[PDB]
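Okay, so here's the structure we're looking at.
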Amino acid sequence: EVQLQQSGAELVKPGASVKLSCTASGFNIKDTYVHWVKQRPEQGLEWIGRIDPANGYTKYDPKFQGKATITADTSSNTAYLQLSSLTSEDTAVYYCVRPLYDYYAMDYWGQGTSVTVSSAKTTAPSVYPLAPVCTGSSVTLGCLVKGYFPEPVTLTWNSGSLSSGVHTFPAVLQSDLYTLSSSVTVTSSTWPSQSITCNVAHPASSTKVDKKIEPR
Amino acid sequence: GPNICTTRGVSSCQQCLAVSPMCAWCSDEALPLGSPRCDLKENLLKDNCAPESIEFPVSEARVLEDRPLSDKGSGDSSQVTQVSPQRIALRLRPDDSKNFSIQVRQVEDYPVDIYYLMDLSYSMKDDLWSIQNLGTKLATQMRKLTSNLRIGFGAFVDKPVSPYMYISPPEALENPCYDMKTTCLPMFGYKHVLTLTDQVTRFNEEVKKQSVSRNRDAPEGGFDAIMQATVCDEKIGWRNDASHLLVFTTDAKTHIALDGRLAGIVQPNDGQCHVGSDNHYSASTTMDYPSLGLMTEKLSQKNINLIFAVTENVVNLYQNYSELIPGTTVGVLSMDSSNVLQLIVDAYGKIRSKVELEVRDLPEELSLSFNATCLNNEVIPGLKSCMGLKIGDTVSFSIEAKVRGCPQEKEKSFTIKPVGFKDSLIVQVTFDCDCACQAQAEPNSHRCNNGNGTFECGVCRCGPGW
Amino acid sequence: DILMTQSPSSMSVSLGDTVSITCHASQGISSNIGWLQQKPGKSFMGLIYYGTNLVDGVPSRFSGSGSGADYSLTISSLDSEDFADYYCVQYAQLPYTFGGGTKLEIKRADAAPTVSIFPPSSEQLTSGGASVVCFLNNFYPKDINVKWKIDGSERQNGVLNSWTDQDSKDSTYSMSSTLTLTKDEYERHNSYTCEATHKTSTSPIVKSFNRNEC
Amino acid sequence: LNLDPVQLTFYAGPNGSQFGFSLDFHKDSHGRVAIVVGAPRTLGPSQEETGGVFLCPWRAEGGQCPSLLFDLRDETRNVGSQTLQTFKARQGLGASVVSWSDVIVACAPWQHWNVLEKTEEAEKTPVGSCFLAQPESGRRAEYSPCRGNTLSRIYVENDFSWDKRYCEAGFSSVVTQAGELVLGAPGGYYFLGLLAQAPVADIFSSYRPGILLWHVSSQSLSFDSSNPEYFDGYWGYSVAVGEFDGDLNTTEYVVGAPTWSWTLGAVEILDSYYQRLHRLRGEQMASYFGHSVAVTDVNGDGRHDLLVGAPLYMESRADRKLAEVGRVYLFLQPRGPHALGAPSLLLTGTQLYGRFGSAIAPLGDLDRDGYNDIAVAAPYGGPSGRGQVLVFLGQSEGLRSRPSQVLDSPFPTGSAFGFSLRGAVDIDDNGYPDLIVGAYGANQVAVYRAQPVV
Ligand SMILES: *[C@@H]1O[C@H](CO)[C@@H](O[C@@H]2O[C@H](CO)[C@@H](O[C@@H]3O[C@H](CO[C@H]4O[C@H](CO)[C@@H](O)[C@H](O)[C@@H]4O)[C@@H](O)[C@H](O[C@H]4O[C@H](CO)[C@@H](O)[C@H](O)[C@@H]4O)[C@@H]3O)[C@H](O)[C@H]2NC(C)=O)[C@H](O)[C@H]1NC(C)=O
Ligand SMILES: *[C@@H]1O[C@H](CO)[C@@H](O[C@@H]2O[C@H](CO)[C@@H](O)[C@H](O)[C@H]2NC(C)=O)[C@H](O)[C@H]1NC(C)=O
Ligand SMILES: N=C(N)c1ccc(-c2ccc(OC[C@@H]3C[C@@H](CC(=O)O)C(=O)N3)cc2)cc1
Ligand SMILES: *[C@@H]1O[C@H](CO)[C@@H](O)[C@H](O)[C@H]1NC(C)=O
Ligand SMILES: [Ca+2]
Ligand SMILES: [Ca+2]
Ligand SMILES: [Ca+2]
Ligand SMILES: [Ca+2]
Ligand SMILES: [Cl-]
Ligand SMILES: [Mn+2]
Ligand SMILES: [Mn+2]
Ligand SMILES: [Mn+2]
């Protein structure tokens, strides 16, 4: 079967360089064209370029001329994409693509490689309990994770016990650092009747802090 | 004493001669009953046989035409003689054999035709430049060997059809050198340029107006051209009484029969002329290349001496074709044809350094044997081909014809001719098997069983129907 | 380059509906177009190439069509797996250019949000910061506008919003707004409010607290 | 021996269409045998020669046949900032046809192809193409492995290495019992010659109309070479298949190269990975040794034997004179893993310019004696030069040195009667295998029925 197995996510500093890979599985990379595509949430999808691994010849969008450099080694059946003089705008997911039948198509896609450019150092999160103000039938608590790098973080209530009625929100980039928040909703007879704890783990700096929510 | 003529116990004059070439017959009335009528000619006169009744044929050979070998092939109106004798009469009796001779001379100062057939594919651009003065340079060197010289010129590339010919862009059809920085002629199969003429400066000035073309595949349709230069007698201008030299130059492989299928061409080469008033081969795109066998047939039919003047990188290739086309000579051409002059002279010398006899229309019952006298009176038995000769030398062959039995047709004729020569020796054979006394036979004779037979040559034969 | 205008940007539909995505180009591309699918938080799968031809393994409910500069992707009878993103891509000319995208979303009945405001924690205030949090859970449709008010006056500097994908259970979205101020500036004022403007209520849903007072 | 030369069956096509240039037997899903005939000069839509294919049902009377319709419109596709072009004018559709299961493979070795990018181009060259059809279902597909999109300048830079622009794929064709189409392309790699293999089923599933350039992953082309012996050798003029290694799971390939090693000509036996096992060298130059190859077991030892045609071989005769007549070579496969030695038998033609060996067809067992037989064509032989097909019977020691039967051409002069042959199929269902002969010069096909031995 056709499968494209890319490299793992990269974490690098601006001005440095990175080289991604795209290993072929179940076929010969030399068979067809190999394209690289950049994906961002706002700018959407952008086409970088292509390479014919049989001979090494390439084509590029004028937008990426200078930063992108595509190469291929038929020996390791692997294709590469090199990015130079990295920037905050180079933070994106990078896919490699090949066609199925049509010489020019874009059909099979690797899983993608997640690149993050940042000057930030490995910082530990700051976990804060969010208790309501001084009534109803449904109560809601919260838990704020601020200023940590890099992603990700795992968050549970009562160490995976309280799972239903929860909303954990995506991380957001707050000045080279990440901010994450989470909420939970139960009945008034549960809290403060039962101790509710916010369990946060940041494996990067290896910290598993826990904050119990206390009323006001 | 008794011999094979008597002991066989023959029944007629005809059967008597058939015993052995030494027998004879006596047709005389006054001959003893016990004495045989079929004995040696010495034994019959011994027994008082009338000399006029003696039937004894002697196998002989007398000349009818015996012109002398010409000293110079110059001048004359094809009255040159290079074979002697030109015609003889031969008489043979059953199972006998007679011997005669023939002389052959490589005449000095014999006219020569030289048609220069040239590859003009782009690989030959620099060759064109070094032969611009070739016509006058070649007139100077051949003048030592002949006073009658005519030269012509033809040119070939390949079949103007895909994939031999570039067909894109549309500009490349008018100028195949389009994607380069020069101009060249559109593709052409083969084109006749100059008929064989004695005005040698016409050669130089047609060469100076020629230019090259360009095709895709290294092998070139040269054989297409060798054919047309051979079978288009009138257009090339081959003279009847002259040595025909066809000089083929190329620096690459050549196409052969059945290669044309890659162009969609499957029709075999018909061996006919197809060069019109436009002087271009019109079947180049519709008729396959020729085969080596078809080429040999036409080269022999028109007495053409083919000469492969090719470059070192393909000498071995054409040396091997030369072995499949007898009478072909090979010379090594430099990469710019600068040495083509000495090559042709050497080839002409090598061509006329051999005399090989050939026999045409030889009856089934006749068999021949040959003895060669090459060099200095040195006999070489069982050989009919001299080698290593020079212009002016002369050889001679001794020939013996042996007949088996007696054939039905009493008068046949066959020819002895050297390969490539105009003149020949015609041998008019006559099989003397019958007796002259048979012409005066008596059908239904009173002497022969009350008319039930026939009286001929002094004996009684059973008539027709018995 | 060739501009790929994909429309609509999103649509709310239900299982079994026959929907049609379109893609309009800046010039003729003569069926040199493909279609892609990206299931939530996953990679891409080929759907169509050369305008109409299916990719091996793809169901027959999908179909491409159109010519010149206008093409159409159609899904007959949607499946639960068919809710994902869909992009068109042209390869009539280099460089290849994609469409903006089109997200298929589960349709359901409208639902007003459950607002909840949260003052800064004790731990945070002791460190030199102050973040007021405003959660807006379980609602539909996704179109919503949050507004922060300090002493009744609007504030736009220092806000940090975040949304979730459509929930797997109830098919409702949720939002999280975070106003971040310094400790010094947090105490210059007393009232804190986050107003919520939805189509479920002409009047904005308001929740607020006052500093010190509780 | 027992072919009926009295009551023939004649099929015929349009005038000048070269109907009969190539033929083969075709069995539908019900086993009903038909005859597929190629006519590489049939008029197209634009009144221009494109070729065509006919599918003749079996009728002892014969007659006209319905066409097997194919797309004859020139194609154009603007994609990848390039323009792809196909030119079917004078392509010769039907210059070789071959059948396997309920599928027909008709090829146009001279279909032209060009790619345009602004001012540059790939050059308009004959890459060759083959058209595949399933007559009962109506399915259609194409296959043209030598199509490329590399521009003319690059080939010059890389020195014409791997130049598949002049393949003329489909020149010769054959299909393995496993269903793997094998095309001969004598013009691949700048007139070196390549072979192209690909499973039929993958061709049908990976083809879509209008794509013009598409991938077939399961395909397998042979390899370029820098050896001057292969230069202008037309490796792929003729092709065939058989079993020559002893392993019954692998299929071996036989390839003709009639101008190999400076027109010495050769035939090579390969594995499915194009690795050379044996190489039979030509005996005489320009003999075109390799013009036709046939594979069948003639001596009945279960081991396939090889037959090679050299239709221009010049026989030696009296007075040092040669005479082009043609010649066929028989090679008997030895027991176990051993090289094919010297030829077991030399069959030499008789009629000058007769081209004895232009076509060779395995007949199966004609007289039903236990040994397979063959037929050899001399399309310009016979006392009239009208054409002859000679039959040679198998025996314990190879083949008989003299023919058992001789089929003289029923057509006028120049019919090329015998240029194509196919046997070993019982078409009237009488238990005896029959023979179909093509005469494209006369645009007809003659069917000889085998009858019980007299
Ligand atoms: C033009 O025609 C000539 C022939 O007239 C060709 O020259 C021949 O080429 C073949 C192929 O290379 C030669 O065949 C080889 O002969 C070897 C023995 O040669 C002996 O005898 C000659 C006689 O002169 C001596 O010169 C030589 O030194 C030896 O004493 C064999 O050993 C060879 O077999 C080996 O190689 C072949 C592959 O080539 C393998 O298949 C064998 O299994 C084995 O490994 C081979 O058979 C032949 O000898 C050559 N003859 C001459 C006189 O040179 C030209 O090639 C041809 N040219 C063109 C352009 O077509
Ligand atoms: C060719 O020469 C041979 C000898 O080399 C001749 O053969 C001999 O001829 C003489 C003639 O007197 C005989 O006596 C011998 O018996 C022959 N010897 C043989 C035949 O071995 C032959 O006659 C010559 N041929 C011609 C045509 O002159
Ligand atoms: N290993 C391979 N696959 C392989 C082998 C051989 C070649 C190759 C390519 C081009 C050649 O020359 C072409 C024209 C002919 C001539 C012009 C004229 O005759 O007019 C001239 O000069 N150039 C000759 C050989 C390419 C690839
Ligand atoms: C025939 O042979 C004899 C004996 O050698 C010779 O004397 C005679 O001259 C020959 N005949 C001719 C015509 O040369
Ligand atoms: Ca095998
Ligand atoms: Ca066998
Ligand atoms: Ca048999
Ligand atoms: Ca039958
Ligand atoms: Cl002479
Ligand atoms: Mn040339
Ligand atoms: Mn040169
Ligand atoms: Mn050529």
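Chain identifiers are assigned alphabetically from A in the order in which the sequence lines are presented. Chain A residue numbers are taken from the PDB entry; in order, the displayed residues are 1-134, 138-219. Just so it is clear, chain B uses the PDB entry numbers, and the residues here are 1-466, in order. In order, the residues displayed for chain C correspond to 1-214 in the PDB entry numbering, which applies throughout. Using the PDB entry numbers, chain D covers 1-454, in order. Recorded method for this deposit: X-ray crystallography, 3.0 Å. Order of listing sets the numbers, starting from 1, for every ligand and every atom in it.
- According to the PDB, the drug at ligand 3 is fradafiban.
- By contact count, the main macromolecule holding fradafiban here is known in the PDB entry as Integrin alpha-IIb heavy chain.
- Those other chains that come under 4.0 Å from fradafiban, heavy atoms only, are B, D.
- For fradafiban, the residues with any heavy atom closer than 4.0 Å are B/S121, B/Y122, B/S123, B/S213, B/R214, B/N215, B/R216, B/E220, D/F160, D/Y189, D/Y190, D/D224, D/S225, D/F231.
- The deposit lists the origin of chain D as Homo sapiens.
- Residue list (UniProt Ca(2+)-binding, chain D, heavy atom under 4.0 Å from fradafiban): empty.
- Nearby ligands and ions (under 4.0 Å from fradafiban): ligand 10 (manganese (II) ion).
- For chain B, the deposit records the name Isoform Beta-3C of Integrin beta-3.
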